[PDB]
Peer 1: 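First the structure, then my questions, so here it is.
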Amino acid sequence: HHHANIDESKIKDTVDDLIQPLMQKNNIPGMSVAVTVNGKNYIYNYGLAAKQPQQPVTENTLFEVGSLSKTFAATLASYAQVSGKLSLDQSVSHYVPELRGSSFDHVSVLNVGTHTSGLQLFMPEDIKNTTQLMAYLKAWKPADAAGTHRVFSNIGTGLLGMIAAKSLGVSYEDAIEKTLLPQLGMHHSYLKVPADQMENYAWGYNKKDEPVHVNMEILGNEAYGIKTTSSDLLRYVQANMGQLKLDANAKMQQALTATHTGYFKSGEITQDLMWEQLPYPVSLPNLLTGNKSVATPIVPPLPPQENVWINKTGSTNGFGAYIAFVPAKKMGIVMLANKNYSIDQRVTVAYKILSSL
Ligand SMILES: *C(=O)[C@H]([C@@H](C)O)[C@H]1CC(SCCNC=N)=C(C(=O)O)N1
């Protein structure tokens with residue numbers, strides 16, 4: 001029930017007024033929006049996780065988050081770094097000996113953590129196993145030297161997560177589901193959704209409005225494997241702002257914070273470890289203009305800041321996700337949808353909601 005002067009109702013009015021038209025105009029079946037401010041959390045669910053038979057979005061609905069998954073690979077690499085197992089400045093072939101003598105002698109772990117190796121966006125469809133992947137990587141050359149340009153890459157994020165996990169002595173899937181997500185308290189976050197949660201796994205709806213789930217291919221866990229709830233992602237946002245006890249895991253807090261280090265500038269955007277940031281306050285135009293480019297190194301790296309807007313978009317064929325948070329304001333938003341709608345609208349709605357707080 002609505003109550004004037006009560007936090008949850010004031011925020012709900014703002015969120016409803018933006019999300020209901022957004023869902024109508026884009027024919028988005030279902031969304032969940034989670035907001036944190038002043039140490040308090042608010043979760044709003046809209047519409048349908050599935051159309052036939054109908055299932056509503058609930059607190060337990062799982063959405064695919066696409067390239068938001070890359071921030072977990074970065075957090076894992078950062079955890080390995082702060083634990084003394086990984087140096088970001090070292091070469092990929094230092095950690096992957098089969099690539100020694102290849103172009104990966106000249107690509108750093110930082111490059112694959114910042115989209116500056118030059119590897120292309122999509123894994124080639126005919127690469128099915130590790131032998132084929134290594135043969136491809138050993139024979140690969142970019143047109144420009146590593147460190148010169150920013151090219152968003154699922155392959156690069158794959159290498160980042162693989163190297164981080166190996167440096168901890170485990171597979172990536174183990175590192176994420178047995179180490180990282182449990183230490184973050186994200187108990188409804190998965191690379192593979194278990195049987196008791198399938199009833200909660202929303203269907204995605206593609207451009208033709210067909211129900212779809214993402215197909216997991218080689219190195220896909222690193223780049224697009226996460227399925228999660230808005231509540232778990234809001235915990236992740238709070239952890240990224242140092243707000244949670246985190247079971248006294250000092251190394252994990254340091255790992256999260258260190259992913260916000262600013263390593264390259266492209267246009268107006270600062271590239272962190274997978275996260276992207278802009279100075280705060282942000283104007284909507286610069287946010288929108290932010291969504292190969294020349295990459296200029298920031299050296300020494302920009303330390304993790306408070307006065308910034310940190311964000312990440314992610315999509316799959318059937319889903320569209322967005323996170324933004326402002327550490328100086330201890331505020332953040334997670335928007336999950338089971339339809340891939342345009343990034344300009346994600347950032348505009350998030351900006352309007354956070355501005356209202
Ligand atoms: C991620 O959503 C897909 C991946 C699952 O194939 C692609 C498309 C995007 S493009 C850059 C988004 N800009 C700012 N946040 C990426 C990605 O790395 O974000 N990979």
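Along the sequence shown, residues carry numbers from 1. Order of listing sets the numbers, starting from 1, for every ligand and every atom in it. Basis for what follows: all heavy atoms, side chains included, without hydrogens, waters or symmetry-related copies.
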Peer 1: Which polymer chain has more close contacts with ligand 1 than any other, using its name in the PDB entry?
Peer 2: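 It sits in most contact with Beta-lactamase.
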Peer 1: Hey, which drug is sitting at ligand 1?
Peer 2: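 Answer: imipenem (open form).
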Peer 1: In imipenem (open form), which numbered atoms sit nearer than 4.0 Å to a non-hydrogen atom of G314?
Peer 2: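 Heavy-atom distances to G314 below 4.0 Å select 2 (O).
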Peer 1: Which organism did the depositors list for chain A in the deposit?
Peer 2: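 The deposit lists Klebsiella pneumoniae.
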Peer 1: Does even one non-hydrogen atom of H115 get within less than 4.0 Å of imipenem (open form)?
Peer 2: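 Yes; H115 lies near enough to imipenem (open form) that a heavy-atom distance drops under 4.0 Å.
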Peer 1: Look only at interatomic distance and state if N154 has a nitrogen or oxygen under 3.5 Å from any nitrogen or oxygen of imipenem (open form).
Peer 2: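 Yes, there is a polar N/O contact under 3.5 Å.
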Peer 1: Judging by distance only, is a nitrogen or oxygen of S153 under 3.5 angstrom from one on imipenem (open form)?
Peer 2: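 No; every N/O pair is 3.5 Å or more apart.
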Peer 1: Under a 4.0 angstrom heavy-atom cut-off, which atoms of imipenem (open form) come close to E276?
Peer 2: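 Heavy-atom distances to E276 below 4.0 Å select 13 (N), 14 (C), 15 (N).
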Peer 1: Which residue and atom, if any, anchor imipenem (open form) through a covalent bond?
Peer 2: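 The entry gives a covalent bond to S67 OG.
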Peer 1: What do we get for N311 next to imipenem (open form) when only non-hydrogen atoms under 4.0 Å count, side chain, backbone, both or neither?
Peer 2: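 Neither part.
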Peer 1: Number the atoms of imipenem (open form) from 1 as they appear, then name those within less than 4.0 Å of a heavy atom of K70, with their elements.
Peer 2: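 So the answer, numbered in order with elements, is 16 (C), 17 (C), 18 (O), 20 (N).
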Peer 1: So between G225, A324, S315, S67, whose heavy atom ends up nearest atom 20 (N) of imipenem (open form)?
Peer 2: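 When every heavy atom of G225, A324, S315, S67 is considered, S67 comes closest to atom 20 (N) of imipenem (open form).
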Peer 1: Go through imipenem (open form) atom by atom and flag the ones less than 4.0 Å from a non-hydrogen atom of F122.
Peer 2: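 The list of qualifying atoms is 6 (O).
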Peer 1: Among protein heavy atoms, which lies nearest atom 19 (O) of imipenem (open form), and at what distance?
Peer 2: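 Checking every protein heavy atom, the shortest distance to atom 19 (O) of imipenem (open form) gives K312 NZ, 2.6 Å.
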Peer 1: Tell me: protein heavy atom nearest atom 12 (C) of imipenem (open form), and distance?
Peer 2: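 Result: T313 OG1, 3.3 Å.
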Peer 1: Does imipenem (open form) come near enough to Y224 that some N or O of the ligand is less than 3.5 Å from an N or O of the residue?
Peer 2: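 No, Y224 has no N/O under 3.5 Å of an N/O on imipenem (open form).
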Peer 1: Within the structure, is a non-hydrogen atom of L121 found at a distance of less than 4.0 Å from imipenem (open form)?
Peer 2: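 In this structure, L121 qualifies as a contact of imipenem (open form) - some heavy atom is under 4.0 Å.
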Peer 1: Can you check which residues touch imipenem (open form) if I set the heavy-atom cut-off to 4.0 Å?
Peer 2: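 The heavy-atom binding site is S67, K70, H115, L121, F122, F152, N154, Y224, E276, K312, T313, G314, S315.
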Peer 1: Which N/O atoms of imipenem (open form) sit under 3.5 Å from a protein N/O, and at what distances?
Peer 2:
| residue | atom | partner | partner atom | Å |
| --- | --- | --- | --- | --- |
| imipenem (open form) | 2 (O) | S67 | N | 3.1 |
| imipenem (open form) | 2 (O) | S67 | OG | 2.2 |
| imipenem (open form) | 2 (O) | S315 | N | 2.9 |
| imipenem (open form) | 2 (O) | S315 | O | 3.4 |
| imipenem (open form) | 6 (O) | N154 | ND2 | 2.9 |
| imipenem (open form) | 15 (N) | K312 | NZ | 3.2 |
| imipenem (open form) | 15 (N) | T313 | N | 3.3 |
| imipenem (open form) | 15 (N) | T313 | OG1 | 3.1 |
| imipenem (open form) | 18 (O) | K70 | NZ | 2.7 |
| imipenem (open form) | 19 (O) | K312 | NZ | 2.6 |
| imipenem (open form) | 20 (N) | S67 | OG | 2.8 |
| imipenem (open form) | 20 (N) | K70 | NZ | 3.3 |

